[PDB]
Amino acid sequence: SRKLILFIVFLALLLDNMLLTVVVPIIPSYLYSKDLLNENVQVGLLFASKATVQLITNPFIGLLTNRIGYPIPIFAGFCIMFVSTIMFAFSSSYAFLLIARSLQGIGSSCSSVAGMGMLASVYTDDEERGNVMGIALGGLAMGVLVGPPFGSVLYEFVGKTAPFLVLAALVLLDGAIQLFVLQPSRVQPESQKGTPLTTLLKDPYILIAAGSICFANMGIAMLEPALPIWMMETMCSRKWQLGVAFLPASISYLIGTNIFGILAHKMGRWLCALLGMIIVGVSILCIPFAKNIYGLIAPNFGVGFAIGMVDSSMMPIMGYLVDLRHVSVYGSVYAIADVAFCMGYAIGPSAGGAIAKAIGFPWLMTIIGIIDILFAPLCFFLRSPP
Ligand SMILES: COc1cc2c(cc1OC)[C@H]1CC(=O)[C@H](CC(C)C)CN1CC2
């Protein structure tokens, strides 16, 4: 009866991602007080901060779960996430909003690394692990799909402080379940010590598996903060777009994540990721020819699809490689996965702008595209000798 544990991770990934998306319709409210890709720095400093902290706290957890087990960290991540929500409920200043974003990120990392660790440690059969993760990655898409709509409508219809408090209730409810299934009472270590991080980072077959996740995420991040939505002006026609502009990413991501998780193992898992990167590159190369906001609807759909097509396939491969070559402790490797997932958001907002100053912003897209395709063929060396 391991399935129920999986359920927990699903929630741990849904609510966590609902909070970051929920603040989307509230960002312009206290932000103010001709090209389509005008860049804003105030949003940029809001996008990286959370990740800039999550990247720092990612490795420190990988060792921790080797000494005090998986449950306790998860519980801590819940607690922190609740605190963050509360801080949000009374956050009235931009600085205070940045402080809440930092703690949130901490909690996020805790949940992501510990959850995945356990989720790989419980499902030891390779195909099973594959599909289970392919399911657990869906929670990210659901959080991206529900957090922007759920909030906006309620905020205006009921109250400015409603969308946090109500959501906080669910978080509190979630805590109850964590106390019934995980039982963080007794702290115990693992059986055998894990492989030192250095050693893993000295391996090419892991480096690639981390580069594949970084490139695609880096491309999507370089686009998100530079959108006409954040621009607050009376000349703006309507805010209907705000709260739905993140649909074409999440809707495509859920299908790709649950449709290849069981399918990739049928074909070559190496083949699934290659085509993924190539299709993400093709979709990004059409972003320059937008000329209108609706012109961004077609690319993002593919973008997200391919993102899923990569993440579903790459996430298990990390655990399979550690089992085939190193000690069977999964706590540290997935930490690497997570940092490879986050670096794109950690470095996008600044570098992007810097290039936008050097050359035109469409030129930046024409570059991050080609690199992706250039990185595509070397996913062939995914078959491993040991
Ligand atoms: C307002 O803050 C944030 C807003 C958003 C994101 C991050 C934010 O903060 C880092 C990412 C999250 C995903 O994983 C999404 C990945 C999709 C491709 C599935 C993309 N987007 C959405 C919006």
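We number each residue from 1, following the sequence as shown. For ligands, and for the atoms within them, numbers begin at 1 and follow the listed sequence. Determined by electron microscopy, 3.4 Å, according to the entry header. All heavy atoms count here, side chains included; hydrogens, waters and symmetry mates do not.
Given tetrabenazine, oxaprozin, testosterone, tetrahydrocannabivarin, the drug or candidate at ligand 1 is tetrabenazine.
The chain in largest contact with tetrabenazine bears the name, in the PDB entry, of Synaptic vesicular amine transporter. Looking at chain A and tetrabenazine, the transmembrane segments (UniProt, N terminus first) with a heavy atom under 4.0 Å away come to 1, 2, 8, 11. Both criteria (UniProt serotonin-binding in chain A; heavy atom under 4.0 Å from tetrabenazine) are met by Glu224, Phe246, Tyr253, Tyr345. In this entry, no covalent bond from tetrabenazine to a chain is modeled. Residues touching tetrabenazine within 4.0 Å, heavy atoms only: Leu20, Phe47, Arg101, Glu224, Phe246, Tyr253, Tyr345.
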